[PDB]
Colleague: 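Take a look at this one; I'll ask things after.
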Amino acid sequence: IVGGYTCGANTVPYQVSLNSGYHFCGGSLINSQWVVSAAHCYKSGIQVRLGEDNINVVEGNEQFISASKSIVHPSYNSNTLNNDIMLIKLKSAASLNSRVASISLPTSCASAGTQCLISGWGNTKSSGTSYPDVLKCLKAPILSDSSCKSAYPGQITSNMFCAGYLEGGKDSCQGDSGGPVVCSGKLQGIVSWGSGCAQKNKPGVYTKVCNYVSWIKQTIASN
Ligand SMILES: NC[C@H]1CC[C@H](C(=O)O)CC1
Ligand SMILES: [Ca+2]
């Protein structure tokens with residue numbers, strides 16, 4: 001997260017870290033057994049880390065649970081990142097508490113201009129590299145579809161939206177992939193892709209979760 005702030009320990013209790021020897025992506029807990037992340041975060045051997053603040057220090061509220069299965073969206077296209085969504089099942093149910101909590105799925109899509117919270121352990125520098133260790137947060141609005149498509153002509157599908165600031169300075173960044181965009185208490189986005197971080201006219205692009213709620217619910221119910 002570039003241009004954000006330190007969330008505060010466990011203030012985003014649905015935020016998870018995906019770990020394969022090291023943190024490599026975010027995700028969002030949607031019930032005690034299931035996490036939603038980006039399909040481009042897929043790999044084998046994932047451990048889901050819940051209740052994290054400092055990802056380099058055991059602080060006492062963590063739960064580390066291996067994934068038993070991953071399900072990439074059937075229509076995911078790795079070249080264009082269309083349908084950049086994946087479900088991860090936990091081998092044992094998380095113990096839900098005030099610091100480890102699920103986020104509700106959308107009942108409808110959110111409007112342009114709605115303010116959202118984006119969070120993650122990614123790079124905090126728009127030029128160069130610095131990783132923060134504690135969870136960073138950013139308040140950012142959903143941008144109009146026309147401004148999104150103007151920023152990335154030929155690349156935005158109906159399964160994507162932009163959020164952030166066309167003037168730059170505040171954005172998601174490397175290592176935030178797969179993490180949440182929450183608006184009005186619902187998981188509306190997944191950190192998906194962009195061009196650089198916090199550059200003018202290059203906002204972050206997010207998977208449009210509201211298009212996937214039926215697939216999420218049916219997939220969880222059958223797996
Ligand atoms: N600034 C958006 C940001 C989205 C994730 C991406 C990635 O890490 O794959 C990097 C760019
Ligand atoms: Ca920790």
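For reference, positions follow the sequence shown, starting with 1. We count ligands from 1, going down the list as the structure has it; atoms in each ligand are counted the same way. Computed over heavy atoms, backbone and side chain alike; hydrogens, waters and symmetry mates excluded.
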Colleague: Trying to sort this out: of alendronic acid, fluorouracil, tranexamic acid, dichloroacetic acid, which one is at ligand 1?
Modeller: tranexamic acid
Colleague: Find the chain with the greatest contact count to tranexamic acid and give its name in UniProt.
Modeller: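 Most heavy-atom pairs belong to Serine protease 1.
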Colleague: So is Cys197 polar-close to tranexamic acid, meaning N/O to N/O under 3.5 Å?
Modeller: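 No - when backbone and side-chain N and O of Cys197 are compared with those of tranexamic acid, no distance drops under 3.5 Å.
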Colleague: Find the residue among the UniProt active-site annotations of chain A nearest to tranexamic acid; state the heavy-atom distance to the nearest 1 Å.
Modeller: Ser177, 3 Å
Colleague: State the UniProt domain of chain A with the most residues near tranexamic acid.
Modeller: Peptidase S1
Colleague: Should you measure from each heavy atom of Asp171, which atoms of tranexamic acid turn up under 4.0 Å away?
Modeller: 1 (N)
Colleague: Does an N or O from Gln174, backbone or side chain, lie closer than 3.5 Å to an N or O of tranexamic acid?
Modeller: no
Colleague: Which one holds for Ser172 and tranexamic acid: side chain close, backbone close, both close, or neither close, with close meaning a heavy atom under 4.0 Å?
Modeller: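 The part of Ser172 near tranexamic acid is both the backbone and the side chain.
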Colleague: Name the UniProt substrate-binding residues of chain A with any heavy atom within 4.0 Å of tranexamic acid.
Modeller: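 By heavy-atom distance, the UniProt-listed hits: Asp171, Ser172, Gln174, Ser177.
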Colleague: Output the list of atoms in tranexamic acid that are nearer than 4.0 Å to some heavy atom of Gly196, sorted by atom number.
Modeller: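 Selected atoms, number and element: 1 (N), 2 (C), 11 (C).
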Colleague: I'd like to know the organism the PDB gives for chain A, please.
Modeller: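 For chain A, the PDB records Bos taurus.
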Colleague: Okay, next thing: residues with a heavy atom within 4.0 Å of tranexamic acid - which are they?
Modeller: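 The binding site of tranexamic acid (heavy atoms) is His40, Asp171, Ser172, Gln174, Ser177, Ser192, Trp193, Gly194, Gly196, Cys197.
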